[PDB]
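The structure to be discussed contains tacrolimus.
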Amino acid sequence: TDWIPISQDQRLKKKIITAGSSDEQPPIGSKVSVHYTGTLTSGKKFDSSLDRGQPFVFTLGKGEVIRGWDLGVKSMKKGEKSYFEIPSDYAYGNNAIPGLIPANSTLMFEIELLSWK
Ligand SMILES: C=CC[C@@H]1/C=C(\C)C[C@H](C)C[C@H](OC)[C@H]2O[C@@](O)(C(=O)C(=O)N3CCCC[C@H]3C(=O)O[C@H](/C(C)=C/[C@@H]3CC[C@@H](O)[C@H](OC)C3)[C@H](C)[C@@H](O)CC1=O)[C@H](C)C[C@@H]2OC
């Protein structure tokens with residue numbers, strides 16, 4: 001599978017690992033449920049929703065997650081599992097997460113869109 005650009009500058013992109021069960025996409029304002037695993041561009045894992053044994057839930061389009069996630073999940077179909085490359089300016093930018101993510105880090109995310117309400 002190939003990288004598919006999500007943004008106009010083609011820097012936010014995804015790889016479809018598993019195609020969705022239908023062509024439904026979540027509307028703005030949906031409470032979306034996902035599985036995810038985050039890694040650095042070295043492959044090292046820094047977090048995964050599986051580590052807490054339940055899906056991760058956030059409201060789409062509200063801006064409570066990093067820009068790459070709002071734009072990325074909005075492009076996904078129900079049931080789709082994709083692999084995202086999120087540049088720093090689509091994530092935490094020049095900020096660092098203590099002990100986990102250095103400043104100006106590209107983030108790799110494996111996201112599976114389970115459902116939404
Ligand atoms: C009350 C506070 C704690 C509250 C924590 C939770 C509900 C639990 C939830 C599973 C987060 C994880 O906690 C185990 C943990 O997930 C990471 O490890 C991670 O994988 C990540 O990157 N995620 C989480 C999954 C969605 C994308 C992204 C995100 O957008 O996360 C959001 C994020 C950090 C946004 C910042 C907010 C500040 C802005 O300035 C910045 O803008 C540049 C963007 C998270 C969801 C926030 O909305 C909510 C919180 O912070 C972060 C690396 C650090 C984060 O712990 C803090």
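Along the sequence shown, the residues carry numbers beginning at 1. Whatever order the structure lists them in is the order used to number ligands and atoms, beginning at 1. Because only heavy atoms are used, hydrogens play no part in the values below, and waters and symmetry mates are left out as well, while side chains stay in.
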| query | What does the PDB entry call the chain with the greatest number of heavy-atom pairs under 4.5 Å to tacrolimus? | reply | Peptidylprolyl isomerase
| said: Within the protein, is there a heavy atom lying under 4.0 Å from atom 17 (C) of tacrolimus? | reply: yes
| task | Determine whether any heavy atom of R67 lies closer than 4.0 Å to an atom of tacrolimus. | result | no
| request: For atom 52 (C) of tacrolimus, decide whether some protein heavy-atom distance is shorter than 4.0 Å. | output: yes
| task | Answer with side chain, backbone, both or neither: which part of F56 has a heavy atom less than 4.0 angstrom from an atom of tacrolimus? | result | side chain
| task | Note the single closest protein heavy atom to atom 14 (C) of tacrolimus, along with its residue, its atom name and the distance in Å. | result | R52 NH1, 3.6 Å
| task | Mark whether atom 42 (O) of tacrolimus lies under 4.0 angstrom from at least one protein heavy atom. | result | no
| task | List the closest protein heavy-atom neighbour of atom 32 (C) of tacrolimus: residue, atom name, distance to the nearest 0.1 Å. | result | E64 O, 4.0 Å
| request: Quick one: look at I101 and tacrolimus, take heavy-atom pairs under 4.0 Å, and tell me if it's side chain, backbone, both or neither. | output: side chain
| request: Starting from atom 22 (O) of tacrolimus, find the nearest protein heavy-atom neighbour and note its residue, name and distance. | output: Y92 OH, 2.5 Å
| query | For atom 37 (C) of tacrolimus, is some protein heavy-atom partner under 4.0 Å away? | reply | no
| request: Could you see which bit of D47 sits under 4.0 Å from tacrolimus, with heavy atoms only: side chain, backbone, both or neither? | output: side chain
| query | Any idea which of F58, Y36, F46, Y90 brings a heavy atom closest to atom 25 (C) of tacrolimus? | reply | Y36
| Under the 4.0 Å line, does any protein heavy atom show up next to atom 4 (C) of tacrolimus? | no
| said: Among all the protein's non-hydrogen atoms, which is closest to atom 30 (O) of tacrolimus, and how far away is it? | reply: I66 N, 2.9 Å
| said: Looking at atom 27 (C) of tacrolimus, tell me if a protein heavy atom falls under 4.0 Å from it. | reply: yes
| task | Please indicate, with yes or no, if any protein heavy atom is found under 4.0 Å from atom 8 (C) of tacrolimus? | result | no
| request: Please check if a non-hydrogen protein atom sits closer than 4.0 Å to atom 56 (O) of tacrolimus. | output: no
| query | Looking only at heavy atoms of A91, does any of them come nearer than 4.0 Å to an atom of tacrolimus? | reply | yes
| query | Which residues from the surrounding chains have any heavy atom less than 4.0 Å away from tacrolimus? | reply | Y36, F46, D47, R52, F56, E64, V65, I66, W69, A91, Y92, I101, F109
For each nitrogen or oxygen atom of tacrolimus, which protein N/O atoms lie closer than 3.5 Å, and how far apart are they, rounded to 0.1 Å?
| residue | atom | partner | partner atom | Å |
| --- | --- | --- | --- | --- |
| tacrolimus | 16 (O) | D47 | OD2 | 3.1 |
| tacrolimus | 18 (O) | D47 | OD2 | 3.0 |
| tacrolimus | 20 (O) | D47 | OD2 | 3.4 |
| tacrolimus | 22 (O) | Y92 | OH | 2.5 |
| tacrolimus | 30 (O) | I66 | N | 2.9 |
| tacrolimus | 31 (O) | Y92 | OH | 3.4 |
| tacrolimus | 48 (O) | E64 | O | 2.6 |

